[PDB]
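Opening notes on dihydrotestosterone bound to Androgen receptor.
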Amino acid sequence: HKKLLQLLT
Amino acid sequence: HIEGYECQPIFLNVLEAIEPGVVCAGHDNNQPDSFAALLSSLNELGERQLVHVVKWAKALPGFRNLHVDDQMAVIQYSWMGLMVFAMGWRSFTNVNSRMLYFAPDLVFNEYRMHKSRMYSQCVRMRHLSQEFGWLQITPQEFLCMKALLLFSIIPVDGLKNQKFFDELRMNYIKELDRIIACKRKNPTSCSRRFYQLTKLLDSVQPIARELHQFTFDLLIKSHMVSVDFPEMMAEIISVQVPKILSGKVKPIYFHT
Ligand SMILES: C[C@]12CCC(=O)C[C@@H]1CC[C@@H]1[C@@H]2CC[C@]2(C)[C@@H](O)CC[C@@H]12
């Protein structure tokens, strides 16, 4: 994925 | 090991203190129910539900001790299972197991269940719902179960660090056991109540497994039936979901 890993931070 | 006279509420406080609020889909019910508007709304709901689950998960105890890619992975899998469960808990405490309460602005009544081109699965979700009442599932039991579900589906290949995972999945099953074991002291009804919930939990996999096939196929003939797909939605369904179908990723059943 790409657009989701951001929310994990 | 909640013994003595105090201690242990800690855990049970988290789930409660971190349980997401209400979520709207954005579906104007004041419009002719069509397979388009409907499924397109549920799709919009899915995305809106994903973000919360993300924040929800990062708040979970020891969840942070998981590897990033793993966290992203695990969440990318059991997401379906979770939502279905949460939604089940909603339809129960609300419409008293009779309608599929997906969101305040989206209540699935018999009619819509049909027009959704997926009345079959709806029944299964309306079943798991009615179960909450029969098994008299308590809030604490739910909040705890829903969490366990998170770590209830991994690729048979193994995560990027199995140990941490198993450890947590382990610690969580105990809390569930710790909650169940808080009403009376007798290792009989406990071995009974535990057996019940565990069953319930595994009974979620089938539905998920089913609701998967449908969304995936829907993604294929997407443009055809003219149903929009959120940027993030299509992603998982095209990569993560396919793995569950290709058999590379498999659920974790307590029984058999
Ligand atoms: C998870 C959601 C949305 C959140 C919820 O309450 C449960 C429900 C179950 C059916 C899912 C839906 C999201 C969008 C999907 C995945 C559609 O593509 C087909 C099945 C739908």
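Heads up: chain A is whatever sequence line comes first, chain B the next one, etc. Chain A uses the PDB entry numbers throughout; the residues present, in order, are 920-928. Numbering of chain B is taken from the PDB entry, so the residues present carry the numbers 663-918, in order. Only this structure's heavy atoms are used, side chains among them; waters, hydrogens and symmetry mates stay out. Counting starts at 1 for both ligands and their atoms, following the listed order.
- In this structure, every copy of dihydrotestosterone sits at ligand 1.
- Heavy-atom contacts below 4.0 Å between dihydrotestosterone (ligand 1) and other chains occur for B.
- Most residues of chain B that touch dihydrotestosterone (ligand 1) lie in the UniProt domain NR LBD.
- There is no covalent bond between dihydrotestosterone (ligand 1) and any chain in the model.
- When the UniProt 17beta-hydroxy-5alpha-androstan-3-one-binding residues of chain B are filtered for a heavy atom under 4.0 Å from dihydrotestosterone (ligand 1), what remains is B/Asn705, B/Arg752, B/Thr877.
- Residues in other chains coming within 4.0 Å of dihydrotestosterone (ligand 1) by heavy atoms are B/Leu704, B/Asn705, B/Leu707, B/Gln711, B/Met742, B/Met745, B/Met749, B/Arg752, B/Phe764, B/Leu873, B/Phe876, B/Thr877, B/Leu880.
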